[PDB]
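Only one structure is covered here, and it is reproduced in the block below.
Heads up: chain A is whatever sequence line comes first, chain B the next one, etc. Chain A is numbered as in the PDB entry; shown residues: 1-319, in order. Residue numbering in chain B adheres to the PDB entry, whereby the residues present occupy positions 1-319 in order. Counting convention: from 1, in listed order, for ligands and their atoms alike.
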2 protein chains.
Amino acid sequence: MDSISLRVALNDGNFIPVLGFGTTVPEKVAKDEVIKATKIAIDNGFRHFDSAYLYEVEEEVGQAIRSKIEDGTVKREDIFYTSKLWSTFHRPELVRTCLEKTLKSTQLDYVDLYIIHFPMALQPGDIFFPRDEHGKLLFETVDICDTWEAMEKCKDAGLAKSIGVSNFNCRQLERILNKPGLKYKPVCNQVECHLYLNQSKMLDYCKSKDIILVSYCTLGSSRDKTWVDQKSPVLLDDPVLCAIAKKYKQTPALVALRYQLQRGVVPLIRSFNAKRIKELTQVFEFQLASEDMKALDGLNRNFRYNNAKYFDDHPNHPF
Amino acid sequence: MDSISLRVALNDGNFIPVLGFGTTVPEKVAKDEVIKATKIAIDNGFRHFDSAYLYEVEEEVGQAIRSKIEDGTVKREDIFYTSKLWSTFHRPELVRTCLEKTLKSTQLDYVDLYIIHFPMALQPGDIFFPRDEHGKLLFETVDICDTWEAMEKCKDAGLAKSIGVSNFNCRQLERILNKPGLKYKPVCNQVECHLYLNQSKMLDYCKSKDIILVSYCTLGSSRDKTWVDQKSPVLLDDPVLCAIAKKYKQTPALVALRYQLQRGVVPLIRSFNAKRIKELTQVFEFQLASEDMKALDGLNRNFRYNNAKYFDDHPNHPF
Ligand SMILES: NC(=O)c1ccc[n+]([C@@H]2O[C@H](COP(=O)([O-])OP(=O)(O)OC[C@H]3O[C@@H](n4cnc5c(N)ncnc54)[C@H](OP(=O)(O)O)[C@@H]3O)[C@@H](O)[C@H]2O)c1
Ligand SMILES: NC(=O)c1ccc[n+]([C@@H]2O[C@H](COP(=O)([O-])OP(=O)(O)OC[C@H]3O[C@@H](n4cnc5c(N)ncnc54)[C@H](OP(=O)(O)O)[C@@H]3O)[C@@H](O)[C@H]2O)c1
Ligand SMILES: C[C@]12CC[C@H]3[C@@H](CCC4=CC(=O)CC[C@@]43C)[C@@H]1CC[C@@H]2O
Ligand SMILES: C[C@]12CC[C@H]3[C@@H](CCC4=CC(=O)CC[C@@]43C)[C@@H]1CC[C@@H]2O
């Protein structure tokens, strides 16, 4: 069967498809394009979809998914849908409210994985990034351990099959793992990970705790100018990556992706192009040799495309 | 990660690694060879091990598995162990007794999948195939539906995560699916399936019921003279199979195996040879084209290497 549909074990007894499909829509691209791409991803064997409250497209993604359930292509159970809790709902009493909005929007009866988008709380309200009239960002110091307890209850309530975090550093992660009364451990930490920021320490830390590293910007991001510095290196053009790709008669994208899979990372990818969507499904058809992995490991330069500078000087900034 | 370690969904919410490693030891081969092979299989990414009470090697296999858990190579959760209920324990009150012997032998705290080895009951006792002094096989007519209820309780008791059957024909399968009060549906039907006996009807039946077909003798069996007719065709020598293997620069074994995976079968293989064990791990590195699948589909000749003639004329003989 579709090898990219196959699953890996989560520490709570659940299983996640090994390859995920992101749903962020680029600034100048139309939101209906995500419906097109999602249906195509499903047709190509993609069973893991990553979204978020912040993305404002959960209505569209849920629509693409249900149409495929409707026409008998898949069952809810075949789909693994991930969503994320936004910073303005970090207050314990607001966590489930955020999730219930996602459920209402997607029309799915539960999310397979619900995660904390960032370890930073912002003032409750209707704006994603609330600032005062002088531009200061209105944040709060809600303890992650408190928001985490609210996340555990959403799992107990059956609204989320699994719970995890995103953009957490080791200190923040340790804070939750050592929390007294901890009932459910985070099943993953979704962070930026690619050839220029391979996260070997975080990967080692997660392995020792049975937490999986789910990577984003795996192919060097979408270079969306609203959030990616245009003077940053283009990952897929890297000479060493292109030489190796050439050596295996594969594309750089496939080599950048395979590298992650080979090191134990569950990667997220995104393409609104039908040829490229199909192309990524062949990542299991080859295998990098030790020497080549060591080569790619050497491309690391601790470079972030996602600095989270839109969070200004939040006392809890992970980076 | 090891693509042969990846999992497929079972109809009860569990997941099974896509490629299984059998543990039967050939007549003239030493039982300690299975400990060697199992450790090597684990080192190579095999996570699904198929055994049975009848095989008399559960003590050895459990030993190989635990050593790998003990040195930190895997966790119990990483391993999927299958065992089978022997015919002499078909009486409802004896089912759990058989399972508890397996648990005691393997020293695992539960089996991931427990299945009915054959749909034929034999008289209780210490001999696998009890016969009278005149030679007649001492069988019983215990209803499979009754033994099945005993299997459901072992699942409710937590002793077996999943339950299934083996060597059942469609009638016997339908008998259980239509049983009144059925609580748990069989997650699989482990039967003989290869190029000369592809089981297309059974495969279709299973697909419609969400029952997976787990195949054995996938490579044409071990040709063990105690149970395989030496005048039977050698599957891996088949001209058409060798031509196709040649066309993909792959071995016949890999082509015989890939064919099963491509049609939705979860295959079982077995090799006590370290080179061949490693060889089978590359089955995801290529893909047969439609025309080639149709070619291989044509090799079918409804030929069984496993006639179960050791069950003589049991009224419930599946074949
Ligand atoms: N948790 C967080 O804080 C966070 C942050 C950022 C992202 N994410 C997740 O990660 C997902 C992906 O992020 P991203 O889009 O910024 O990064 P990305 O996956 O690294 O890059 C996406 C870009 O790669 C291109 N691409 C896809 N397949 C390709 C192929 N085979 N060859 C060449 N190029 C290919 C796409 O172009 P085309 O469309 O033309 O194919 C697209 O522009 C997001 O949708 C989201 O779900 C999470
Ligand atoms: N449920 C049932 O009633 C039932 C019945 C029979 C079997 N089974 C299960 O199926 C498992 C396998 O059965 P089996 O051994 O009879 O049949 P099989 O898997 O079809 O054949 C095993 C033979 O194939 C050879 N082989 C393995 N890899 C090879 C490769 N890459 N190239 C060439 N040859 C290769 C092995 O030789 P080497 O060792 O030299 O590599 C071995 O002799 C059993 O252990 C058992 O778990 C279940
Ligand atoms: C920069 C931005 C806030 C942060 C967003 C970004 C879109 C992409 C994105 C995806 C994430 O999951 C993390 C937050 C970010 C990085 C948004 C585009 C406009 C908005 O102001
Ligand atoms: C033939 C036999 C009983 C049936 C056994 C066979 C070993 C292989 C085997 C594996 C199975 O799982 C089904 C039963 C069989 C086919 C045994 C070897 C000696 C014994 O008498």
Checklist line | Drug or drug candidate at ligand 4 | finding: testosterone
Check: For testosterone (ligand 4), which chain wins on contact count (greatest number of heavy-atom pairs under 4.5 Å), named per UniProt?
Finding: 3-alpha-hydroxysteroid dehydrogenase
Notebook entry, point to check: What are the letters of the other chains with a heavy atom below 4.0 Å from testosterone (ligand 4)?
Noted result: B
Next item on the list: May I ask you to identify the nearest protein heavy atom to atom 13 (C) of testosterone (ligand 4), giving residue, atom name and distance to one decimal place in Å?
Entry: B/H117 NE2, 3.4 Å
Next item on the list: Look up atom 2 (C) of testosterone (ligand 4) and tell me if a protein heavy atom lies less than 4.0 Å from it?
Entry: no
Item checked: Minimum-distance protein heavy atom relative to atom 19 (C) of testosterone (ligand 4) -> B/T226 OG1, 3.9 Å
Check: Does atom 17 (C) of testosterone (ligand 4) have a protein non-hydrogen atom under 4.0 Å from it?
Finding: no
Item checked: Nearest non-hydrogen protein atom, atom 5 (C) of testosterone (ligand 4) -> B/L54 CD2, 4.1 Å
Notebook entry, point to check: Given the protein's heavy atoms, is any one of them under 4.0 Å from atom 21 (O) of testosterone (ligand 4)?
Noted result: no
Item checked: NADP(+)-binding residues (UniProt) in chain B with heavy atoms under 4.0 Å from testosterone (ligand 4) -> none
Note to self: Check contact between B/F129 and testosterone (ligand 4), using heavy atoms of the residue and a distance below 4.0 angstrom.
What the structure shows: yes
Notebook entry, point to check: Quick check: what organism does the entry name for chain B?
Noted result: Rattus norvegicus
Notebook entry, point to check: Below 4.0 Å from any atom of testosterone (ligand 4), is there a heavy atom belonging to B/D224?
Noted result: no
Checklist line | Nearest protein heavy atom with distance in Å, relative to atom 6 (C) of testosterone (ligand 4) | finding: B/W227 CD1, 4.0 Å
Notebook entry, point to check: What is the nearest UniProt active-site residue of chain B to testosterone (ligand 4), and its minimum non-hydrogen atom distance to the nearest 1 Å?
Noted result: B/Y55, 3 Å
Check: Is there a protein heavy atom less than 4.0 Å away from atom 9 (C) of testosterone (ligand 4)?
Finding: no
Notebook entry, point to check: Looking at atom 14 (C) of testosterone (ligand 4), what's its closest protein heavy atom, distance included?
Noted result: B/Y310 OH, 3.6 Å
Note to self: Residue-level breakdown please: for B/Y55 versus testosterone (ligand 4), do any non-hydrogen atoms fall below 4.0 Å on the side chain, on the backbone, on both, or on neither?
What the structure shows: side chain
Margin query: Would you mind pulling out the UniProt substrate-binding residues of chain B that have any heavy atom less than 4.0 Å from testosterone (ligand 4)?
Written below: B/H117, B/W227
Note to self: Heavy-atom contact check, 4.0 Å cutoff: does B/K84 meet testosterone (ligand 4)?
What the structure shows: no
Note to self: Heavy-atom distances under 4.0 Å decide this one: backbone, side chain, both or neither, for B/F128 against testosterone (ligand 4)?
What the structure shows: neither
Next item on the list: Indicate the residue and atom of the covalent attachment for testosterone (ligand 4), or state that none is modeled.
Entry: none
Next item on the list: Show which residues surround testosterone (ligand 4) within 4.0 Å on heavy-atom distance.
Entry: B/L54, B/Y55, B/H117, B/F118, B/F129, B/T226, B/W227, B/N306, B/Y310
Anything under 3.5 Å between an N or O on testosterone (ligand 4) and a protein N or O? List each pair with its distance, or write none.
| from | atom 1 | to | atom 2 | distance (Å) |
| --- | --- | --- | --- | --- |
| testosterone (ligand 4) | 12 (O) | B/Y55 | OH | 2.6 |
| testosterone (ligand 4) | 12 (O) | B/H117 | NE2 | 2.7 |

